[PDB]
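In this PDB entry you will find indinavir.
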Number of protein chains: 2
Amino acid sequence: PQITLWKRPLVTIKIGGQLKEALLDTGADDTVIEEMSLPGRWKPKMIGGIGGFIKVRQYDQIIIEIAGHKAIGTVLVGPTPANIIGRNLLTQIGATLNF
Amino acid sequence: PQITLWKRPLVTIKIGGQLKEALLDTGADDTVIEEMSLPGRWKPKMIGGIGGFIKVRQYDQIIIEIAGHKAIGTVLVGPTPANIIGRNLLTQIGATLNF
Ligand SMILES: CC(C)(C)NC(=O)[C@@H]1CN(Cc2cccnc2)CCN1C[C@@H](O)C[C@@H](Cc1ccccc1)C(=O)N[C@H]1c2ccccc2C[C@H]1O
Ligand SMILES: [Cl-]
Ligand SMILES: [Cl-]
């Protein structure tokens, strides 16, 4: 689709067998989701936002469906104020910024 | 342009007669720039992201060019970790997300 920016660009995602709403975020290097369970090994990571850093769990090779489009990549899980789809997964669904 | 997301979507902006680098950020509601002088009066604002909130100065109706596209709108100034062009100005320059 073509998504305008009048409002936050929120879409439905399927991750870990769950449906969530998430923000398509070209400013985010990484994908960060609120607390949930994910399969496999993880390792801790610190990620920095406009108000400083938070600690998250990094899970690799996680399959996600983003507004109907499948991808695989790293997903960070922690106390984020918003579910965020970052560039690591936006590239995979073919998302571009156009003007 | 059509900007892919394999790297950060950084562009040159011009504000106050000076060129700066800034991030085109669909996850940002507002536009925030590192400390600089702007004309007129300012209003208080708090903006929240990962990590928490920061206090910024809100300046309205500021002339800014974004990748050569002219805009006039609200620019926040404060201790942001990065110059960010948010949706208030991305809409002015006609930007969309497409996949
Ligand atoms: C991976 C992670 C998510 C941690 N990245 C970021 O937070 C990066 C940080 N960098 C910088 C960085 C920081 C540290 C280290 N390297 C890089 C600058 C750009 N942000 C991306 C932003 O788009 C993130 C959003 C998240 C959010 C959306 C809605 C509600 C809460 C949080 C963000 O912070 N947006 C906020 C925002 C942003 C600007 C102006 C106003 C507002 C309000 C709000 O929309
Ligand atoms: Cl990845
Ligand atoms: Cl591509």
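One letter per chain, A onward, in the order of the sequence lines. Chain A residue numbers are taken from the PDB entry; in order, the displayed residues are 1-99. For chain B, we keep the numbers from the PDB entry: what you see runs 101-199, in order. Order of listing sets the numbers, starting from 1, for every ligand and every atom in it.
- Taking every instance into account, the structure holds indinavir at ligand 1.
- Ranked by contacts, the top partner of indinavir (the one with most) is named in the PDB entry as protease RETROPEPSIN.
- Other chains whose heavy atoms approach indinavir within less than 4.0 Å: A, B.
- For atom 32 (C) of indinavir, the nearest protein heavy atom (residue, atom name, distance) is B:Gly149 CA, 3.8 Å.
- The nearest heavy-atom contact from the protein to atom 45 (O) of indinavir is B:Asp129 N, 3.0 Å.
- The residue among A:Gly78, B:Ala128, B:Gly178, A:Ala82 with a heavy atom at the shortest distance from atom 38 (C) of indinavir is B:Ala128.
- Of the heavy atoms in B:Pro181, only side-chain atoms (C-beta onward) come closer than 4.0 Å to indinavir.
- Closest protein heavy atom to atom 10 (N) of indinavir: A:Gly48 O, 4.5 Å.
- Using a 4.0 Å cut-off between heavy atoms, A:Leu23 contacts indinavir through its side chain alone, with no backbone atom that close.
- Checked against a 3.5 angstrom limit, the closest N/O atoms of B:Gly127 and indinavir fall inside it.
- What sits closest to atom 18 (C) of indinavir on the protein, heavy atoms only, is B:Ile184 CD1, 3.7 Å.
- Of the heavy atoms in B:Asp130, both backbone and side-chain atoms come closer than 4.0 Å to indinavir.
- Of all protein heavy atoms, the one lying nearest to atom 24 (C) of indinavir is A:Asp25 OD2, 3.2 Å.
- The shortest contact between atom 30 (C) of indinavir and any protein heavy atom is with A:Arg8 NH2, 3.9 Å.
- Binding site of indinavir at 4.0 Å, heavy atoms: A:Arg8, A:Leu23, A:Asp25, A:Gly27, A:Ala28, A:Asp30, A:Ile47, A:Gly48, A:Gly49, A:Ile50, A:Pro81, A:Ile84, B:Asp125, B:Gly127, B:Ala128, B:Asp129, B:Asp130, B:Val132, B:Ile147, B:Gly148, B:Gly149, B:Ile150, B:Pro181, B:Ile184.
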Would you tabulate the polar-atom pairs, meaning N/O of indinavir against N/O of the protein, with distances under 3.5 Å, reported to 0.1 Å?
unit_1    : atom_1 : unit_2   : atom_2 : d
indinavir : 23 (O) : A:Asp25  : OD1    : 2.8
indinavir : 23 (O) : A:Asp25  : OD2    : 2.7
indinavir : 23 (O) : B:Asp125 : OD1    : 2.8
indinavir : 23 (O) : B:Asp125 : OD2    : 2.8
indinavir : 35 (N) : B:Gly127 : O      : 3.1
indinavir : 45 (O) : B:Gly127 : O      : 3.3
indinavir : 45 (O) : B:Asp129 : N      : 3.0
indinavir : 45 (O) : B:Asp129 : OD2    : 3.3

